[PDB]
J.: 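This entry shows tipifarnib within the model.
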Amino acid sequence: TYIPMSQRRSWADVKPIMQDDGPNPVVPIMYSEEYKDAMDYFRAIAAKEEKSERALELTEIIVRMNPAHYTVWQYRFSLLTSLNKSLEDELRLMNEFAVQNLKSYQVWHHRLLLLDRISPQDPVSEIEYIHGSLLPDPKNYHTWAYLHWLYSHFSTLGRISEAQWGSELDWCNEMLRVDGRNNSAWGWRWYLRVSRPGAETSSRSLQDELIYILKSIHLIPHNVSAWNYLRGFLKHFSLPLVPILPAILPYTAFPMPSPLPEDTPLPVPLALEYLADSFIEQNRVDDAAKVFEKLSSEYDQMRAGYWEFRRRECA
Amino acid sequence: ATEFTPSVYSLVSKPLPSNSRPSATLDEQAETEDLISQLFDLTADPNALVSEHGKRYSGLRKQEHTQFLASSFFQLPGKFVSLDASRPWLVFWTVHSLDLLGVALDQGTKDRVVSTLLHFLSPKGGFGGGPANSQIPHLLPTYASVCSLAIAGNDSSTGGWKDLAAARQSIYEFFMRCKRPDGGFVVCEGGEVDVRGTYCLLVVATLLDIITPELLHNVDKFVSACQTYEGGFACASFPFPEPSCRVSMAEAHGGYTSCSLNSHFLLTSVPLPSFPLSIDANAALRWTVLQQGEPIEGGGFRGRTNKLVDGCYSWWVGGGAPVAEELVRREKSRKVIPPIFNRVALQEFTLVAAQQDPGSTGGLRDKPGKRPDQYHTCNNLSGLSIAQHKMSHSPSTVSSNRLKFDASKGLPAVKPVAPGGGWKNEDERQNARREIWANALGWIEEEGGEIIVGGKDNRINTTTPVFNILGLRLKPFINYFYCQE
Ligand SMILES: Cn1cncc1[C@@](N)(c1ccc(Cl)cc1)c1ccc2c(c1)c(-c1cccc(Cl)c1)cc(=O)n2C
Ligand SMILES: CC(C)=CCC/C(C)=C/CC/C(C)=C/CONC(=O)CP(=O)(O)O
Ligand SMILES: O=S(=O)(O)C[C@H](O)CNC1CCCCC1
Ligand SMILES: O=S(=O)(O)C[C@H](O)CNC1CCCCC1
Ligand SMILES: O=S(=O)(O)C[C@H](O)CNC1CCCCC1
Ligand SMILES: [Zn+2]
């Protein structure tokens, strides 16, 4: 059975403080004895601003019961810094949390704070940890955002080498080979090749990128991720649509389409969108309107109103 | 009304094509397509007169949803401890859904809501996810508590609005403690920086008349740099060393796109020079409409490219549509009408797929196969409201608002943290108050724009874009803090 904290020798000097909801609160939660007890003592600890080992132990007890308790996480990090605790041990504890399915945003933000404060000369091992955690959970939004932060933070400190950037692109390429429909990995590619300050921009760079994009489309013609990347790419670098049009025209009926792969019904709506936008680039507004009309009435009827709006824009 | 908004039942249902390349994404998609289309097949077309014999009736089960929200209202099971730091959200999801559903709380119950929320307010500033003796203040429950006070409170001595007014300076000082030099805000002491925080803070600052130049510096730049190559917005941007460049830190997502569009919209009211920094409105509108799912997946919205449709995105993505549309409208006017998304199909997803099966717990859900919860109940209904009611931001309404504003009435000016952090003088401050108040009250439901799929018994009340409370709550609430009553 549970031993109440009022009966533990180690906590005898502490007078617990009750939760102050006022009278008859709405949305009250039925708490376990353990959680109520831990929180009653946390209220006392935090009120007196005690920075101790017992307070640290207590914060672990609580976050194991409620991983989303942001207040208790904030107090925990205050404790780690006041007591000058081993932050590497704490990272190991966060590793153990993941193994025990104790995941929550707060766990990941806590990792970020730890990485920032440890400030390792080389963050490779955390990069590899992130990679490993993405393998079974490949679209985890906050894990991808953490990867962006890690590279951005450590690169401003001058701590990401060219070899490291290179191995990261190799890893990203592999993620997209395993699932080309992984939009999270496309977003990471964009950071690696386009948006990050250290990214190379040359005629050969643009060439290489275009080749990769077109090849991706030809492999999976209905892949919205690859189309959006194509459109983002051309827009960002102010490149005209027309010279690439021969690679796209077969989907409306440099790497060219395959006989098309099986299970590729035509037209692909975003290929029509590309066609219409290229007509607009040429000031051929009537021809663009005609394509928008078809998207609206036949080929992408879920967006009938939007395509009609684009059609009206032309006339 | 519906020429450009075809019913899911009137369209051919076809799976997303494979291109002969299998992947984990496609396996999940195909499975979800099967689940949703099978529910549609078992359900009578809501648009039919010959409401089919043998099939499920899709009418909005308001009474079941009311019972769902009640039982969560006054005692929650032990499993809810996972939301112990989100109690104000539990309040907001409940009271806003009840408003949408047209169900009144009695005064005694409203008083309990107000008292509960006041115990979450710290003297130093802001609301936390629970009692001030237990939890530190946080931007998100500050939004949720403020909105719930708009819904359940009143101007009397026990109405809570008076306490909020007295808390203006401390809330402001909390917001300034959260402020980072690059224009982002941490959500709480030691907390994460993201655009949800920006959104929640800007809503509250607008409502309570606590906007200053120092509060807003760089805030537009942080938001604008959240926009991704896809046209939607990520949770945050990273400032490289004020900054030499800012870079988006993740994918365009429905939740963060809603927050970024709304934040940007709130900033367009503020009369600072060359402010707010522009976003690409055309791209954000494009990204928005592209998230509406195909007929086979019921015309619900997904939250990001190549993931699954989900009822909560009816609010996050569908509710950002009027905002994106207005920004596009303004951009076109600065150089120089059919619905922009399928308003019918979104309602069909809500009625057919997002409701809990009849005769059970009630509530609305992410998709078939998932338990309903308060968060999905509120957000499905908020999105349903946007689809049923054509919302516009009206320049002539804003002009009428300017004409009736009384600048000689108001609560005391906030004291800025830095000596020169306030408005230059009273003319500028009052002009700012006028613009901000007048634009906050600029949203209207267009006459003749109503589309109630399945008949008028499915009609819910009209939520306000940007804020997500009923206009009938928004108006007296913001009028109270600006002394315009
Ligand atoms: C990403 N998502 C889509 N639908 C639900 C989710 C979410 N993963 C989530 C996480 C964080 C935020 Cl800020 C918003 C949404 C999720 C999923 C299920 C959820 C809740 C949240 C939340 C919840 C909890 C706190 C805040 C918010 Cl906004 C939402 C409550 C809840 O009861 N359930 C079942
Ligand atoms: C308090 C506010 C306004 C929060 C924003 C609401 C949302 C939707 C925030 C985003 C939360 C998020 C990205 C959670 C990650 O979970 N996502 C998934 O599991 C994948 P999907 O994006 O398809 O839901
Ligand atoms: O939320 S709703 O689905 O509208 C309400 C429930 O169906 C209640 N149905 C009652 C059953 C017994 C006869 C009277 C009606
Ligand atoms: O004067 S204020 O600081 O606003 C009011 C109280 O001090 C709030 N402190 C709490 C103590 C327990 C943990 C959560 C915070
Ligand atoms: O007002 S109208 O749209 O013409 C028609 C009504 O709203 C129809 N609602 C139904 C009544 C019978 C029970 C099931 C709901
Ligand atoms: Zn959801």
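Lettering of chains proceeds alphabetically from A, tracking the sequence lines in order. For chain A, we keep the numbers from the PDB entry: what you see runs 5-257, 272-276, 278-334, in order. Using the PDB entry numbers, chain B covers 2-242, 255-349, 371-519, in order. Atoms within a ligand are numbered from 1 in the order they appear, just like the ligands themselves.
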J.: Which numbered ligands or lettered chains belong to tipifarnib?
T.: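 Short answer: ligand 1.
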J.: Help me with this one: what macromolecule has the most contacts with tipifarnib (ligand 1), named as in the PDB entry?
T.: Cryptococcus neoformans protein farnesyltransferase beta subunit
J.: Quick one: what other chains come closer than 4.0 Å to tipifarnib (ligand 1), going by heavy atoms?
T.: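 Going by heavy atoms, that would be B.
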J.: Which residues are in the binding site of tipifarnib (ligand 1), using 4.0 Å as the heavy-atom cut-off?
T.: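 Counting heavy atoms, it is made of B:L84, B:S87, B:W94, B:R197, B:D323, B:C325, B:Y326, B:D407, B:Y409, B:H410.
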J.: What residue and atom, counting heavy atoms only, is the protein's closest point to atom 23 (C) of tipifarnib (ligand 1), and at what distance?
T.: B:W94 CH2, 3.6 Å
J.: Report, in ascending order of atom number, the atoms of tipifarnib (ligand 1) lying under 4.0 Å from any heavy atom of B:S87.
T.: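 Here the atoms of tipifarnib (ligand 1) in question are 25 (C).
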J.: Can you find a protein heavy atom closer to atom 4 (N) of tipifarnib (ligand 1) than 4.0 Å?
T.: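 Under 4.0 Å from atom 4 (N) of tipifarnib (ligand 1), at least one protein heavy atom found.
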J.: Counting only heavy atoms on the protein side, is anything nearer than 4.0 Å to atom 10 (C) of tipifarnib (ligand 1)?
T.: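 It does not; no protein heavy atom is within 4.0 Å.
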J.: Tell me the protein heavy atom at minimum distance from atom 2 (N) of tipifarnib (ligand 1), and give that distance in Å.
T.: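 Sorting protein heavy atoms by distance from atom 2 (N) of tipifarnib (ligand 1) puts B:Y326 OH, 3.8 Å first.
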J.: Note the single closest protein heavy atom to atom 18 (C) of tipifarnib (ligand 1), along with its residue, its atom name and the distance in Å.
T.: B:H410 CE1, 4.3 Å
J.: Considering only heavy atoms of B:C325, which atoms of tipifarnib (ligand 1) have at least one such atom less than 4.0 Å away?
T.: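 It comes down to these atoms of tipifarnib (ligand 1): 3 (C), 4 (N).
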J.: Quick check on contacts: which atoms of tipifarnib (ligand 1) are under 4.0 angstrom from a heavy atom of B:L84?
T.: 24 (C), 30 (C), 32 (O)
J.: From which organism is chain B, by the entry?
T.: Cryptococcus neoformans
J.: How far is atom 33 (N) of tipifarnib (ligand 1) from the closest protein heavy atom, and which atom is that?
T.: B:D407 OD2, 3.7 Å
J.: Does an N or O from B:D323, backbone or side chain, lie closer than 3.5 Å to an N or O of tipifarnib (ligand 1)?
T.: yes
J.: Among all protein heavy atoms, pick out the one at the shortest distance from atom 15 (C) of tipifarnib (ligand 1); state its residue, atom name and that distance to 0.1 Å.
T.: B:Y409 OH, 3.7 Å
J.: How far is atom 12 (C) of tipifarnib (ligand 1) from its nearest protein heavy atom, and which residue and atom is that?
T.: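 The answer is B:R197 NH1, 4.9 Å.
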J.: What are the polar N/O contacts of tipifarnib (ligand 1) with the protein below 3.5 Å, with distances?
T.:
residue: tipifarnib (ligand 1); atom: 4 (N); partner: B:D323; partner atom: OD2; Å: 3.3
residue: tipifarnib (ligand 1); atom: 4 (N); partner: B:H410; partner atom: NE2; Å: 3.4

